[PDB]
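Here the structure comes first, spelled out in structure tokens, and everything after it is commentary.
So that the names make sense, note that chain A is the first sequence line, chain B the second, and so on, each numbered from 1. Just so you know, ligand 1 is whichever comes first in the structure, and atom 1 is the first atom listed for that ligand. All values below were derived from every heavy atom in this structure, side-chain atoms included, with hydrogens, water molecules and symmetry-related copies excluded.
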Amino acid sequence: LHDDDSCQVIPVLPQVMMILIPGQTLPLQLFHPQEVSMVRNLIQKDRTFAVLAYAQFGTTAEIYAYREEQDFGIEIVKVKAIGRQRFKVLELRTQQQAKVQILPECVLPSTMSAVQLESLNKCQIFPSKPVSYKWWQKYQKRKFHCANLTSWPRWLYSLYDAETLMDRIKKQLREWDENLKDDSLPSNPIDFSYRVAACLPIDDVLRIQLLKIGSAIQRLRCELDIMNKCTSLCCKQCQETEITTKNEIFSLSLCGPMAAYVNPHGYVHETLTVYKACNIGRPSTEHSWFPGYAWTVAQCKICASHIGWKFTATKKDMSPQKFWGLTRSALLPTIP
Amino acid sequence: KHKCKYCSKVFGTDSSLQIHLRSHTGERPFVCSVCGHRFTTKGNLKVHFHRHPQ
Amino acid sequence: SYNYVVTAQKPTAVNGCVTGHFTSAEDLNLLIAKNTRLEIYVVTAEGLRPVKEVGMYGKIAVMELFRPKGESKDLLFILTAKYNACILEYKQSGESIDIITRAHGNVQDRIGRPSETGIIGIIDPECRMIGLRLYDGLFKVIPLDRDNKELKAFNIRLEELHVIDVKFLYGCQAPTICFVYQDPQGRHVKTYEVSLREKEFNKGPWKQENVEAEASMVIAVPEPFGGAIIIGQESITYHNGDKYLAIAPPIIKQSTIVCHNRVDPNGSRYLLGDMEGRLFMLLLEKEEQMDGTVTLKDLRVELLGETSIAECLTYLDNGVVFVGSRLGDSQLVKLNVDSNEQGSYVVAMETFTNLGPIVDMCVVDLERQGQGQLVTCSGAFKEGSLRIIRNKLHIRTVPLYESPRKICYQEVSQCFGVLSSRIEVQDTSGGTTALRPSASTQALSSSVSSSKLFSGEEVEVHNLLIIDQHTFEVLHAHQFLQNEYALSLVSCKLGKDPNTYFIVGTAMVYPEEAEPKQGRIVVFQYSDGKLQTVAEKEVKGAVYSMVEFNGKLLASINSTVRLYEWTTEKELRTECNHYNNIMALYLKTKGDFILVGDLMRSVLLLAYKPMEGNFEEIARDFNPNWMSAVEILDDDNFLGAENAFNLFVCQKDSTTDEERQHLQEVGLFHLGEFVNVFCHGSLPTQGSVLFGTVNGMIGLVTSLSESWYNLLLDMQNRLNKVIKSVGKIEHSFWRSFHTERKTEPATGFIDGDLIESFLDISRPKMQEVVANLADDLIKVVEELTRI
Ligand SMILES: Nc1cccc2c1C(=O)N([C@H]1CCC(=O)NC1=O)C2=O
Ligand SMILES: [Zn+2]
Ligand SMILES: [Zn+2]
Ligand SMILES: [Zn+2]
């Protein structure tokens with residue numbers, strides 16, 4: 001990690017084209033010797049490189065995986081990385097070691113940290129949650145009782161409390177993912193926010209905004225603003241033709257409803273899995289990202305831009321069969 | 001160099017290149033290096049490929 | 001710009017109270033903490049005799065008296081929220097009363113996470129050490145030897161993170177702490193011994209595996225019995241090694257105990273106050289044993305009576321118990337051996353004016369005198385009251401017995417419109433029975449809004465009260481819809497119609513709905529001795545704030561800032577909306593401007609163009625931090641209170657589209673109070689705005705020229721070179737902008753309380769400060785004193 005609000009210079013990979021969320025995996029595939037040379041020195045010194053977002057902000061990444069597939073007389077290096085701290089660029093100079101100013105995380109005490117009665121301070125710790133809709137009222141009443149000392153009520157203060165918001169987000173992620181109830185979601189809100197920013201099918205301009213947000217409380221609200229209003233996902237190159245909606249979002253396996261995958265040639269594709277959608281080829285199985293499924297290309301019916309893939313296979317009564325996979329980069333969320 | 005002109009695979013020598021070239025051929029060889037689209041002529045691939053995240 | 005803040009009314013709410021022998025070894029002193037104010041008394045046969053009052057540079061959080069061996073009298077220890085520690089002695093040279101500081105030091109650690117149950121300060125029985133629970137897992141220790149003048153401390157690690165309350169144990173071979181803590185297994189009580197040589201913990205006399213789920217209080221029972229008492233939700237327990245006792249009194253199942261006090265040093269009688277003002281006596285039935293030993297047979301709790309919602313308690317003498325309160329009036333009460341006709345053993349001896357919590361105010365001069373009064377909302381639950389302050393300060397009181405939310409002044413009817421919130425409970429019959437008759441139920445005329453437009457636990461019911469400005473009587477009480485919550489209220493003119501109207505902004509709070517999806521903006525008319533339903537508009541959200549924007553009703557529905565138009569058909573039409581990304585909670589205007597803000601310091605300056613007929617964003621300045629209130633100084637500057645207890649002042653820049661759209665912050669000041677509402681008015685300089693806080697303090701904020709600002713800022717640095725402080729605390733450190741992590745020196749503000757302390761200083765120091773810069777300064781201070 002880097003000192004908060006410090007200025008360091010970090011190498012940048014020119015092949016990367018993604019906007020990196022902290023706590024998100026960055027698959028790679030490197031052919032040219034210039035990129036491969038950079039990965040080597042990183043594991044020796046800091047193991048950190050920059051992933052510029054498009055050129056104002058970005059995220060640093062740490063190398064955590066490193067394979068070597070010397071095949072057909074050429075060395076194909078397979079590296080995975082995870083995002084660290086956000087930043088704002090100072091000056092890039094392809095010699096591209098970029099001058100970088102680290103952006104610190106803005107943490108805030110509870111809304112009642114100043115209006116809490118010293119007599120009621122000892123009653124601020126609760127017995128652990130039973131694993132209900134009745135319990136959460138007691139949480140609001142007990143922790144926000146001291147809102148009567150202020151001009152604002154209890155229910156309003158709940159919509160700025162990390163724990164209150166974080167549960168409502170988890171409630172929706174249980175519809176998308178049937179296997180998302182345990183320790184799969186960090187307890188710390190600053191990390192919980194970043195984890196949903198990657199897990200959300202949203203275009204790039206939204207992803208940059210959620211990176212510029214300083215407080216996780218704001219980020220959590222912004223992430224909930226998106227999850228409640230944008231029920232529709234459309235095509236970005238024609239806009240007014242809606243492809244699929246939130247109600248069909250499915251999670252095929254453990255890695256959530258949206259996971260990063262790589263094509264045989266080295267191109268990252270974050271494919272959201274759904275059940276049906278509206279608006280090229282025959283079932284092929286080579287390099288099938290989902291074992292037991294055969295991929296088929298799909299495009300839009302107004303602009304003919306790439307939308308994603310449809311996976312269909314036989315086996316037996318394998319669940320599911322008719323399910324799609326749309327790439328994030330070619331999706332635009334809209335408000336129905 | 002020494003790169004394939006269908007699946008866009010890169011090889012170190014021109015020998016292993018021509019060893020691979022006579023393997024796609026099926027009245028639709030030009031495969032998109034991003035979405036696996038099947039094209040007939042190189043003029044089709046050059047357009048669609050640049051209509052893709054790049 | 002540069003501003004000037006001065007305290008108009010000292011804080012009234014009491015957050016601390018302890019007995020002891022501070023002034024004279026034989027006198028019985030009652031020390032009282034009113035936030036930043038320390039009141040010293042002497043307990044006479046009648047009541048309290050004022051002795052001294054001092055102001056510390058820091059909100060007092062921990063206050064304890066202790067008498068080390070070989071000391072004239074008891075000494076005082078005070079720890080602030082800024083982690084300022086000090087030892088205080090009394091010194092009376094004939095008639096000059098002085099409070100010298102024997103030792104002073106700051107104990108803030110660079111690292112550390114403030115604990116969930118706040119700061120806890122405890123002192124060893126034998127005055128050997130001072131334990132301070134500042135952060136989770138860290139136990140700071142100040143050793144009590146008379147060579148520790150700087151209070152250098154050493155920390156110890158605590159394997160327990162979620163500790164609730166901790167006391168020093170009584171009657172032990174070594175300084176022993178006892179505390180209740182929580183781990184995933186449950187809630188436990190554990191003890192440690194404290195070694196000063198090893199500077200670590202040793203094994204504790206005992207350890208009890210389990211305790212009550214919501215155990216909150218730890219009381220150290222003195223030498224006669226020993227051990228410690230643990231009070232929780234419905235169980236009171238006693239622990240001391242092999243000795244264990246537990247009781248489940250049904251009389252304390254209704255509420256939760258939050259404050260206590262020891263009556264006699266024997267520990268046999270204990271006072272217990274809860275959250276609803278109730279008073280309890282905890283009795284330790286000691287059994288005289290056959291060989292000079294004394295055991296403990298049973299435990300008992302009896303209902304004494306009912307006081308003001310108690311923050312702290314303290315028995316004085318002859319049944320006189322001081323009841324300190326943060327919501328209602330501090331009380332001195334007498335206890336009676338005999339149960340009166342009702343059942344209470346308590347009769348009110350005295351009352352102390354407590355303005356806090358001030359949740360709303362409005363500047364008026366009902367006498368038409370051209371001077372300025374102040375009618376505020378005060379208290380909560382039964383402690384609800386209005387307090388009219390004049391000019392000392394004449395503080396009237398109008399008990400309401402329920403929570404006053406909002407207030408405004410109407411003049412065409414010469415009355416006041418007041419929003420109120422009373423708490424009710426579900427009965428088996430199927431109603432919402434009230435706890436006590438209050439201003440809502442005890443009114444002359446009732447009015448339940450029917451509307452029907454949207455067709456045993458606590459439930460809130462909001463009401464609108466009309467109160468004549470002379471008798472302050474309950475004229476009319478309007479009951480809003482079942483499950484409706486009123487938010488804002490204003491009295492103004494609707495453009496051309498001379499009819500003055502009462503307008504209330506409401507919501508529709510349900511537990512299943514986390515966001516407000518409905519609401520109402522209701523207009524009312526009080527003239528014919530009754531309230532009139534002058535049409536209500538159905539919106540789709542909460543109506544947080546409302547302002548009169550020149551003949552047009554400005555409303556805020558969630559994020560949509562929206563102008564409403566009073567039509568000639570006695571109804572409201574939507575003119576134009578300025579949609580926003582943040583929740584439009586705050587809303588203030590200044591002619592044609594609009595100042596929108598949310599709970600997270602998101603200042604957003606709009607501008608209404610009359611020819612365009614719509615609002616247009618002019619600037620913004622987001623800086624995520626908890627904002628309590630915000631007001632408009634003038635067309636350029638803006639003022640608000642944020643974070644802990646600070647005050648900020650942003651303004652507009654002096655060529656770029658991105659630089660004229662970035663509001664620059666210029667004023668940073670740590671006021672010391674939590675400001676809930678600003679109000680314009682008063683009771684050279686320009687602009688007079690007053691504010692009401694939770695601790696009852698009222699202060700005035702005014703502007704200054706650059707000449708006076710540069711001069712007053714020069715005086716402040718010189719003033720703090722002769723003026724003696726209480727705990728030897730630098731003033732700049734106290735006024736510095738303090739959050740929970742950010743710590744920056746103050747700038748853009750001038751402390752009026754420090755300026756008006758030049759008149760109370762002597763001549764040798766009056767002329768020492770003004771050197772290289774006497775009557776000239778007197779004239780300046782005199783003029784400012786009028787504010
Ligand atoms: N066989 C080819 C050939 C070229 C490009 C791609 C594939 C291919 O399979 N995928 C994806 C999508 C389909 C899939 O299941 N896995 C992949 O790696 C490509 O982008
Ligand atoms: Zn399209
Ligand atoms: Zn090929
Ligand atoms: Zn393609």
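- For ligand 1, the chief contact partner in this model is given in the PDB entry as Protein cereblon.
- By its PDB name, the drug at ligand 1 is S-pomalidomide.
- Chains touching S-pomalidomide (ligand 1) with a heavy atom below 4.0 Å, listed by letter, come to A, B.
- The binding site of S-pomalidomide (ligand 1), defined by non-hydrogen atoms within 4.0 Å, is formed by A:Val262, A:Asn263, A:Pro264, A:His265, A:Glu286, A:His287, A:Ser288, A:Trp289, A:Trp295, A:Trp309, A:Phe311, B:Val31, B:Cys32, B:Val34, B:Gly36.
- According to the PDB, the organism given as the origin of chain A is Homo sapiens.
- Checking the PDB entry, one finds chain B called Sal-like protein 4.
- According to the entry, no covalent attachment of S-pomalidomide (ligand 1) to a chain is modeled.
- Per UniProt's (S)-thalidomide-binding annotation of chain A, a non-hydrogen atom lies under 4.0 Å from S-pomalidomide (ligand 1) in A:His287, A:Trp289, A:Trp295.
- Residues of chain A near S-pomalidomide (ligand 1) cluster mainly in UniProt domain cult.
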